[PDB]
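In what follows, chains carry the letters A, B, and so on, assigned in the order in which the sequence lines appear, proteins first and then strands, with residues in each chain numbered from 1. Because only heavy atoms are used, hydrogens play no part in the values below, and waters and symmetry mates are left out as well, while side chains stay in. Numbering of ligands and ligand atoms starts at 1, following listing order. Structure method, as recorded: X-ray crystallography, 1.7 Å.
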There are 4 protein chains.
Amino acid sequence: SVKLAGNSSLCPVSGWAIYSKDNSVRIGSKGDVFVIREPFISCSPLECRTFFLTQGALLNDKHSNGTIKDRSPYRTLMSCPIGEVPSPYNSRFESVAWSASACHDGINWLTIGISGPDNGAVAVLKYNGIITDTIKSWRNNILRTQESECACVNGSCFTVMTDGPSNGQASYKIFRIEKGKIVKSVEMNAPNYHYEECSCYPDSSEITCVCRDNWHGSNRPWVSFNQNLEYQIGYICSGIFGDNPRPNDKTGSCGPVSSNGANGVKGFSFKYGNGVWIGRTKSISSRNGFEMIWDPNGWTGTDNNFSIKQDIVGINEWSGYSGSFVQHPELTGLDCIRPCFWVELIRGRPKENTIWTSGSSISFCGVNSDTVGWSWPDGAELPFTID
Amino acid sequence: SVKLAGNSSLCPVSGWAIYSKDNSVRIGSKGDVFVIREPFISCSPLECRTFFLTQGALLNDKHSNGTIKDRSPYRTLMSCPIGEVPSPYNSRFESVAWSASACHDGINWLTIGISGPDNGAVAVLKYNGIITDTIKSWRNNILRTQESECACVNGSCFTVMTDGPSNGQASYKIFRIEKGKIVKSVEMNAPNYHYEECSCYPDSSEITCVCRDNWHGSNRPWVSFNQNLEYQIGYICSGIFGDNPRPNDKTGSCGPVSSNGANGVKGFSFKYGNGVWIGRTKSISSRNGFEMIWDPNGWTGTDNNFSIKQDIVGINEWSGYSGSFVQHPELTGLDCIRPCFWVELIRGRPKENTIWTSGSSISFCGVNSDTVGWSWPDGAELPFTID
Amino acid sequence: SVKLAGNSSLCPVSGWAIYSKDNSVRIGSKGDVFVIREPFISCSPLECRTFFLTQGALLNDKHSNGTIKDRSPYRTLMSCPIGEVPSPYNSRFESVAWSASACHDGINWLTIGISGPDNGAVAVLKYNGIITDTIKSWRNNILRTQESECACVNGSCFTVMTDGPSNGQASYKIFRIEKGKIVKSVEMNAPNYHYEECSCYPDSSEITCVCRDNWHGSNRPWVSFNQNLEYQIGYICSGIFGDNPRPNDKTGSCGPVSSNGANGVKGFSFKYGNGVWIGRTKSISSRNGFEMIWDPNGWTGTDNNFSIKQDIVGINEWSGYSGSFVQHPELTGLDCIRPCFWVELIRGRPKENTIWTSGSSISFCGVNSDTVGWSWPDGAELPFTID
Amino acid sequence: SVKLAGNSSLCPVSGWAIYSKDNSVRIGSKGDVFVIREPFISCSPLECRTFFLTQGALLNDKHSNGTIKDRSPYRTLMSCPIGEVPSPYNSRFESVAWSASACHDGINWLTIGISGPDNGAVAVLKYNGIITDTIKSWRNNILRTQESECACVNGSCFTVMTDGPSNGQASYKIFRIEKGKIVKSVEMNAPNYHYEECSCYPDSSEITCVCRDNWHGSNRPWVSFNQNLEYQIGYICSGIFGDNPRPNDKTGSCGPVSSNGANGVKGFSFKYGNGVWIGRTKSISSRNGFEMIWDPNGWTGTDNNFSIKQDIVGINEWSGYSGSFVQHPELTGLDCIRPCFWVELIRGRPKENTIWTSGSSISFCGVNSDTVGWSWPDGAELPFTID
Ligand SMILES: *[C@@H]1O[C@H](CO)[C@@H](O[C@@H]2O[C@H](CO)[C@@H](O[C@@H]3O[C@H](CO)[C@@H](O)[C@H](O[C@H]4O[C@H](CO)[C@@H](O)[C@H](O)[C@@H]4O)[C@@H]3O)[C@H](O)[C@H]2NC(C)=O)[C@H](O)[C@H]1NC(C)=O
Ligand SMILES: *[C@@H]1O[C@H](CO)[C@@H](O[C@@H]2O[C@H](CO)[C@@H](O[C@@H]3O[C@H](CO)[C@@H](O)[C@H](O[C@H]4O[C@H](CO)[C@@H](O)[C@H](O)[C@@H]4O)[C@@H]3O)[C@H](O)[C@H]2NC(C)=O)[C@H](O)[C@H]1NC(C)=O
Ligand SMILES: CCC(CC)O[C@@H]1C=C(C(=O)O)C[C@H](N)[C@H]1NC(C)=O
Ligand SMILES: CCC(CC)O[C@@H]1C=C(C(=O)O)C[C@H](N)[C@H]1NC(C)=O
Ligand SMILES: CCC(CC)O[C@@H]1C=C(C(=O)O)C[C@H](N)[C@H]1NC(C)=O
Ligand SMILES: CCC(CC)O[C@@H]1C=C(C(=O)O)C[C@H](N)[C@H]1NC(C)=O
Ligand SMILES: *[C@@H]1O[C@H](CO)[C@@H](O)[C@H](O)[C@H]1NC(C)=O
Ligand SMILES: *[C@@H]1O[C@H](CO)[C@@H](O)[C@H](O)[C@H]1NC(C)=O
Ligand SMILES: *[C@@H]1O[C@H](CO)[C@@H](O)[C@H](O)[C@H]1NC(C)=O
Ligand SMILES: *[C@@H]1O[C@H](CO)[C@@H](O)[C@H](O)[C@H]1NC(C)=O
Ligand SMILES: *[C@@H]1O[C@H](CO)[C@@H](O)[C@H](O)[C@H]1NC(C)=O
Ligand SMILES: *[C@@H]1O[C@H](CO)[C@@H](O)[C@H](O)[C@H]1NC(C)=O
Ligand SMILES: *[C@@H]1O[C@H](CO)[C@@H](O)[C@H](O)[C@H]1NC(C)=O
Ligand SMILES: *[C@@H]1O[C@H](CO)[C@@H](O)[C@H](O)[C@H]1NC(C)=O
Ligand SMILES: [Ca+2]
Ligand SMILES: [Ca+2]
Ligand SMILES: [Ca+2]
Ligand SMILES: [Ca+2]
Ligand SMILES: [Ca+2]
Ligand SMILES: [Ca+2]
Ligand SMILES: [Ca+2]
Ligand SMILES: [Ca+2]
Ligand SMILES: [Ca+2]
């Protein structure tokens, strides 16, 4: 076993090839499948796994009642091989958690699981399944983290956590973790910024995170930093707004776009020079549809012009959270870090007449060969027998 | 790990010994078993696996509704150990696909999964579960492939794909793939020929494929080629017609036999000099029964005489697709490549009054010791509780 | 990996310690558990597994209907770790079979599975899951075998098969198998003897089998042989009759005991000099209860006196088949071959008012430390919801 | 593989971080989950496992009827990865048992499973799944053991067993076990003491056990011993009484506290010099709630003052058994033995109107970083559909 270098650049990509689809909700109609949300993908040098937050209950069972609720003592972080349904019969237990992150440094898995009360939550860090550290809420207001993979470079892994209001100024910290131990942290000096649920990836020995402004921005905030946690911050400038909800496309801003800025959804983007690959819902008002857009000057430019659009989920179909994940050369044999992404397909409450809320997933990887747009939706027929 | 040589000849065989039976549909009446079709077997130097195209749903669940449908965003290629039922709890995810192929080169698994719209489908190639290449539809008319194992020789794997009409002249291409990367391809110059769903096997460093003419041939077309993709084409001459539907046996043709030539079923045959082992349905008009026939001059001779017939499935029982698979000396310890075959036993629509369509499987391997004919049918009692 | 020596003697034992219990029928009431019969245990140098003949159906499902039937194309030999329920989710597929045997030579598993028509059945032999040989019925009357583990000595494995009437003189053959290949066989010259379902074990480089006389013997026939298949035959002389049905205990015979001699049940015994450990039902008329009896001169003596009796299953509880299995020094680290045994607990038809027949299992190993008698019955409550 | 040294001291700890939660009962409402009680955790140098005593039945099935019953022939010791639900599809079979213990010596698993009649029960010892020894009841009155992990030091493992009345003076023995073989035992000379269900852990090459006085003590008895079984005995002196039921906290005793002394619950404590970490229910009269208390002089001091209290389960929630388990440096890479604990959350009879009784589990590990109290209850809604 050797630790991931993380020193190569992102692979340039022209399109996205479908990588996985689990059909979790369809199968859970009869099969024993966990009620889950906040799924994400992360890979080791050997395999890729789907991580997810269970509700400690199964689909089509009475205990799925009220699962629109975000935090409870019953939620646990678990994982299974990519593309398989999250079942009690194929899932590895990771941590007790209602907010989480995970990543592999080349040697072992790091998992971060936050549980406990809203006014004093504690993140439990595990390395190879052994508790190695903890960090407790510093603002006493729902300590929370990525809900996607952390990023590793030369034996160090990095994540971002938030503590404070979800509708106003909060506090944001970056962490450097080695063998499950926090070796350094810094609080971001980001007045008037809002960071939630960051999607972080490694690129040329540094980390880039694209996050969610739940306070007053319909474009996405970003933070980038080196291994010493020296950071820069900003917002994606493109007039192709990335959050949901959001305004119709027009002239963007390199600061938070106030129009339709409140609320949001976890998302991601990949930076290539001044350009950006943007993943976003198709609807401006609800979590419906999904598309990938290549905007060659969208990181720093404010116009609403773009070069490529690829359909992922039809506008009449439910989507939800999305996040980045990468495949290192140690896994692929390539000379660059390959960008991939996943999409959570949320079914149930609040928009559908069920007693439960749960999601399935799809994932794609970036390639330079031919690709095609389509719609790969959840496909479940609601309501269920339980309702 | 070492590459399969694929340079020895096919083992001569006098009969077929039963190798596996999964009873998938019988078990799916209660258990959690995928709705599937287009199953096939492929082996590594260590194990044999059953691959299959799920419908992203389980038997006896409402989501099995309308699974007579061939192509959808929900279909996925998965695999499980041979003889086991295809379940969410024992199946490995391979690819998102409504048409597929797979094979092992001695080092890693190659999988090919085609998804996307009918007018621009994309084949995604994976090597050891990592995307290594893609190929997009070139005729914009349902890019499709074998639905059985590809064939590997000295580190190169080979497959055939079709694009264009299924009821007239189409386009057929042969591919050479190394470590999941397409290194060469050629379009077959085959006017008045039709190739669908090829069953390909290695033999003395070259590849032989026996396929399905869905246009105007009740005998089977074949294509053989060396590692450089230098090919030959023809039709099996035997008056023992191999396709379904077909006419009663009589004088055959070395070209397409037009009588009952439209439509068909995936099948296979093994060539031994001028002779051929033919696997076929027992019924000339429907997918019922199965039998193996040895015809000592059937590859090139047009008479309807044969030497050996072995019963596999009774004529009053449902059958379906069939395909070849081989076991290499690297797996068996033999000095030749052993021929085996599988049969898909289709239940449900359109011939049965259910809301669903699904199949189970049986498989056999060629031996020179004593064997016996019998009937090993699906055995499920329809309809089910869901209907 | 090294082949088992099989050259040491049986470990002397004073009693039997419970080793496993699967509770299959109890669990199958809700869980997905195969309908099975004819289970048996066999061990490798690393683990012990339960082999069994499925009916290609699950408990409490309609396809369990009529499973009193012995032979069908749907029956398959499968295996799982000892003590676990036989489920589609934890069972390895072995062979298509309605009669079977299996054993490990120290290097790989040998399995023997008989399927096909009653008038021409074929035994398929597999070594490490690869077909290595076949043997076809020679009397055209239900070729059949042990339904328990074969016996291995220095790289050779041995079994017994029967072909012919089950109610009169039949034909019995011994086989020597190396790496799945039959290298020698001999037909036993046994006029007026009847051998069915032999329980065979290795002891001092030779094989001893205790079997079932279904024709006209209420005591058990035996056959012993060396690696060259030079054999001796006889019947257990003890007045403690071992079969079921049988007469009340009295003066025995070294030939077949005609009284209540027709019919029978698979059983076993362990020979120690002139002494014998006898496992048998508690009832003389039905498959109820089970007990182990140490009879210090019972192999050759005809009296009905014994020294030790240990209860295994209460007389008011269902039992069924029983068989021997051994643990070699290569597995245990002992300087002798340890004797163990299993008992099949049959539930359902014909004695119970259900539509199905299925069994669970218990097993015990011989020790020289303290033990105790008790009753470890199936424990299921019949009928089931399916009936 | 190398033997665990067990020669380092316990890691000092300031609080407890949550390690696992299985949600077994919630999931068993639909999924196939064993009815269990008496769960416990034990680790090897590679992984941690949950052991448990099944009732040979699944939740929400009719065979769960009457599972308040403690001892039957159907109960089995099985294990699964920590945090996973105990299911037939993910559980390893260990032994037939209605009382049990297990631990890993660094090389292999030792399991101890007691079954048989109340008047002559037999403990079966297995090393790497092979029977290595047995010990039979010496008082003919329910031979019984820890219901938690045994303790290993330098290749020797240690446990405590009890035989005799559970409501008066009984007999208590300490055992030293090497490779599954009992090499030494001693009967504790403990007049007026009562020992049940000991929680034992290694510390500086010696063993410390904290147990349950079911006769006449509301504080917990303890026994400590070296590898030669030279022992000391006493009771925890703290006025913070550890058993359930118990009186309100007040002046304690270094002998058995008679007030509310009859009956009790399995529990644990960790000794640090004169101090003690006490785990106990929150209710003084029933198995409700759970908390960890640090009492700096509680081992030898009788006052009712303490320094730290951490909530684990709310007082309005069901708890049950609790036990210690440790993680050795060979597993963690630390320079000390890390203390952890588990809690059984019992649902059903006798306090709830169901036909069944079963439990789920949570576990925590000691750390010196920040922690938080909360409530992590079972969370199931009773009754179930079966009742
Ligand atoms: C998922 O959760 C939902 C929400 O809880 C749940 O729907 C609810 O079911 C309960 C129980 O049937 C309903 O509660 C009843 O409401 C009526 C008025 O509509 C009251 O009169 C009832 O109270 C009477 O009866 C009680 C019990 O005998 C007495 O204790 C009480 O004093 C009264 O006599 C009772 O409260 C509730 O109305 C619904 N809510 C909604 C929005 O439908 C649903 O059943 C859950 N689904 C599953 C599968 O668990
Ligand atoms: C397990 O198998 C058993 C045995 O087959 C099965 O019990 C049987 O169920 C069938 C179907 O209900 C019964 O068959 C009927 O018998 C009656 C006389 O009792 C006949 O009148 C019926 O025939 C009429 O209806 C048919 C269908 O419409 C017509 O085709 C026919 O011409 C007549 O009009 C019919 O044959 C049978 O009586 C029972 N047998 C016993 C012994 O109970 C059971 O249902 C199976 N269980 C499961 C779970 O599958
Ligand atoms: C508490 C702030 C946070 C970010 C805005 O809220 C989230 C919004 C979510 C959503 O918009 O779907 C669901 C989340 N599981 C949640 N996180 C937690 C810890 O509750
Ligand atoms: C589209 C042409 C093709 C070959 C004739 O049709 C097939 C016939 C099939 C059939 O005759 O059963 C079902 C197939 N799954 C299918 N392949 C795809 C891709 O839909
Ligand atoms: C056919 C002869 C044979 C031995 C008497 O009958 C058996 C009796 C059995 C029994 O007495 O329970 C059930 C068996 N599964 C069976 N074997 C086969 C192959 O059918
Ligand atoms: C027989 C004495 C013993 C300890 C007091 O009783 C126990 C109390 C238990 C309890 O208080 O919950 C349940 C146990 N499973 C049990 N142990 C056995 C073996 O039946
Ligand atoms: C990337 O990391 C590897 C491994 O340490 C190193 O050998 C290599 O020089 C680095 N590549 C570049 C371009 O710096
Ligand atoms: C087949 O390939 C093997 C491995 O390269 C080689 O050793 C052998 O000579 C070849 N056999 C023939 C007949 O060419
Ligand atoms: C099957 O599909 C048809 C067409 O939509 C629908 O009417 C019917 O309700 C479906 N059946 C089930 C059981 O869902
Ligand atoms: C097999 O492939 C290797 C690598 O390309 C090549 O060197 C060798 O000649 C090939 N063997 C044969 C028999 O063609
Ligand atoms: C048993 O077999 C072993 C392994 O071959 C051999 O070394 C040994 O001598 C044999 N033991 C006896 C008692 O013959
Ligand atoms: C503990 O045991 C290890 C392994 O034998 C040994 O190296 C070490 O010296 C011991 N530690 C102490 C403090 O005795
Ligand atoms: C539970 O056991 C009692 C006593 O035998 C019995 O009356 C009742 O029917 C059982 N309940 C179920 C659901 O089996
Ligand atoms: C550990 O056990 C070994 C083998 O018995 C022994 O030689 C050694 O002295 C022991 N170590 C300690 C620290 O006692
Ligand atoms: Ca926003
Ligand atoms: Ca732009
Ligand atoms: Ca089920
Ligand atoms: Ca045709
Ligand atoms: Ca011919
Ligand atoms: Ca008889
Ligand atoms: Ca005698
Ligand atoms: Ca007490
Ligand atoms: Ca104190």
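Of the chains near ligand 6, the one making the most contacts is recorded in the PDB entry as Neuraminidase. The drug or drug candidate found at ligand 6 is oseltamivir carboxylate.
Taking 4.0 Å as the heavy-atom limit, the other chains contacting oseltamivir carboxylate (ligand 6) are D. Per-residue contacts place D:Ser166 under 4.0 angstrom from the following atoms of oseltamivir carboxylate (ligand 6) (heavy atoms of the residue considered): 2 (C).
The nearest heavy-atom contact from the protein to atom 9 (C) of oseltamivir carboxylate (ligand 6) is D:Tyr321 OH, 2.7 Å.
The protein heavy-atom contact nearest to atom 1 (C) of oseltamivir carboxylate (ligand 6) is D:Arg144 CD, 3.7 Å. Atom 14 (C) of oseltamivir carboxylate (ligand 6) has D:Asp70 OD1, 3.3 Å as its closest protein atom, hydrogens excluded (heavy atom only).
Here the heavy atom of the protein found nearest to atom 11 (O) of oseltamivir carboxylate (ligand 6) is D:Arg287 NH2, 2.7 Å. The proximity of D:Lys266 to oseltamivir carboxylate (ligand 6), defined as any non-hydrogen pair under 4.0 Å, does not occur for either the backbone or the side chain. Among protein heavy atoms, the minimum distance from atom 15 (N) of oseltamivir carboxylate (ligand 6) is reached at D:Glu38 OE2, 2.8 Å.
Taking atom 18 (C) of oseltamivir carboxylate (ligand 6) as the reference point, the nearest protein heavy-atom neighbour is D:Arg71 NH1, 4.1 Å. Protein non-hydrogen atoms do not reach within 4.0 Å of atom 6 (O) of oseltamivir carboxylate (ligand 6). Heavy-atom contacts of oseltamivir carboxylate (ligand 6) within 4.0 Å involve D:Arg37, D:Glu38, D:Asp70, D:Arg71, D:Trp98, D:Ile142, D:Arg144, D:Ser166, D:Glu196, D:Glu197, D:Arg212, D:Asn214, D:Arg287, D:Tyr321.
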